[PDB]
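We number chain A the way the PDB entry does; in order, the residues shown are 35-484. We use all heavy atoms of the structure for the numbers below, so side chains are in, but hydrogens, waters and symmetry mates are not. Start at 1 and go down the list; that is how both ligands and their atoms are numbered.
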Amino acid sequence: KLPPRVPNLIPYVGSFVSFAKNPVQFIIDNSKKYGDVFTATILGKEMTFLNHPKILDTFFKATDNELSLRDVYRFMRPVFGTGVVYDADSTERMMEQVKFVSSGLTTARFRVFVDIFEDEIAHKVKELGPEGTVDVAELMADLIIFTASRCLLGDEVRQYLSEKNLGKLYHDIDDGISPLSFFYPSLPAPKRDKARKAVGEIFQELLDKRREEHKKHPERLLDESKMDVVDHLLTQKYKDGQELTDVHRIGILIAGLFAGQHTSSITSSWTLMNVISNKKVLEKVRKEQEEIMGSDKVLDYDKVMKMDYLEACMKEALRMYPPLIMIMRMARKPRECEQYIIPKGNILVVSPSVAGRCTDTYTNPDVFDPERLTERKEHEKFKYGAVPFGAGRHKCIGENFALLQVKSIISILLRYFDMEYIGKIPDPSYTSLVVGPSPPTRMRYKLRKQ
Ligand SMILES: CC[C@@H]([C@H](C)O)n1ncn(-c2ccc(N3CCN(c4ccc(OC[C@@H]5CO[C@@](Cn6cncn6)(c6ccc(F)cc6F)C5)cc4)CC3)cc2)c1=O
Ligand code: HEM
Ligand SMILES: [Ca+2]
Ligand SMILES: [Ca+2]
């Protein structure tokens, strides 16, 4: 029959209050009370939490006409744009648009991306000086504004960042997104909308300029190392032959940038903080760096590909502090889950955060221990033991780019600086759509070469 329910505090509002304090502890506590599968009413939505790795196969492999992503993420429409990704006309159109972004994330582009990271960090160290203190979360966000933008859109974007305040516009859009919008997609957000329109105008101009650059220098279209997402959007069509609109191209780029920034800056923050705060982990990370770097003075792709221990450190931060804490779908048909049937219209929920603290999978889950993955392989105990990037048909298409960006940034920063974190590693703050550490996140730095 139906899964057990979390008793409602009030009708309609349901369990919103305990939920919004800490959605992760809400799921944990209620798992303990009600088991692997339970339902809560939350601001009018029937939400059915799936809380053990064991049962997740049917969730991750269902077709979009059974478990719809578009029904639950459509709320992002005022950020991304009408007709884009989860507001696309169909599952099919969404998948095609996602492929246009994946199409600028090639090996050839990754070799160039390393150079971009080196270049932006070198600019940034001029601000930072020989020593100081800096907020970790801000530093990473600031770096990734410039790196993600240039990686996805090309170098032509940088003059807008440097001269037309584009980075402030991003913040205006992105602080304009409340997680509450998931329940109330029509919440007014006029500052967000003003900024989104401004970025729209700038990106329209970037498209217009690229078009005539394609005329002046069509060889660009033949060089895989110089082809970016803007180039692919300007020269591709849907499979059925329908051309894209410039409004669709703008929205895809904004969606791509949004994806390319927040989850990465947050992950590089939690990763760096935990690395520099743990003497044994820092030793190993630096020993690995010194071996891979050898006599060379700058990074390249092949070097990053060898940073296995640093990668493990990132995965361990992803276990502990996954930035997307809830993966959702709407049930378009009733769904069997173990002994239960989950009603049509219910929203099924999987939490990477809950999974990462599951003590059936992880021993001492509150401890940052990259060796739990590299030596003890604790993630491998279940097919869905670790799902920070999703799984199945909708698994993150950005995973390798995020790995590259975060490993590269943390590698280059280490090369430049000794760094120590000030204070206790914070708790996550659940006030934002993409979850990051509670501010402030400060560290001291000092340059390693006079
Ligand atoms: C602050 C007021 C406060 C008051 C005081 O209570 N409050 N306090 C607490 N709560 C509260 C807390 C939690 C919630 N829930 C938490 C879960 N939320 C949620 C839903 C969907 C999300 O999906 C984002 C999609 C998936 O993938 C992305 C991202 N991405 C993928 N890779 C890289 N980036 C993506 C994909 C493709 C693209 F191309 C682009 C993209 F971006 C976008 C993320 C999060 C909603 C419900 C609700 C309310 C409050 O309301
Ligand atoms: C550490 C960084 C990141 C994490 C933790 C992350 C996590 C996720 C997760 C969980 C999903 C699955 C959402 C769902 O099934 O409901 C996802 C989907 C996606 N991510 Fe990421 N992501 C990261 C970086 C990126 C980057 C860099 C990009 C692009 C440049 C990107 C683009 C996407 C896209 C386009 C999807 C949609 C796939 C689909 O619906 O078919 N992500 N990511
Ligand atoms: Ca409650
Ligand atoms: Ca779960």
Determine the main partner chain of ligand 1 by heavy-atom contacts and give the name the PDB entry assigns. Protein CYP51
Name of drug found at ligand 1: posaconazole
Binding-site residues: posaconazole, 4.0 Å heavy-atom cut-off: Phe53, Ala54, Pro57, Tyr107, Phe109, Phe114, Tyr120, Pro213, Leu214, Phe216, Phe217, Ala289, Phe292, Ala293, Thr297, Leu358, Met360, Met362, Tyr464, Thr465, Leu467
Do you know the source organism the PDB entry gives for chain A? Naegleria fowleri
Under 4.0 Å from atom 28 (C) of posaconazole, do we find at least one protein heavy atom? no
Protein heavy atoms: any of them under 4.0 Å from atom 4 (C) of posaconazole? no
Starting from atom 2 (C) of posaconazole, locate the nearest protein heavy atom and write down its residue, its atom name and how far away it is, to 0.1 Å. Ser212 OG, 4.4 Å
Is atom 12 (C) of posaconazole in close reach of the protein, with a heavy atom under 4.0 Å away? yes
Could you check whether atom 51 (O) of posaconazole has a protein contact, counting only heavy atoms that fall below 4.0 angstrom? yes
At a 4.0 Å threshold, what atoms of posaconazole neighbour a non-hydrogen atom of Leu214? 51 (O)
Less than 4.0 Å between atom 43 (C) of posaconazole and some protein heavy atom, yes or no? no
Should you measure from each heavy atom of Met362, which atoms of posaconazole turn up under 4.0 Å away? 20 (C)
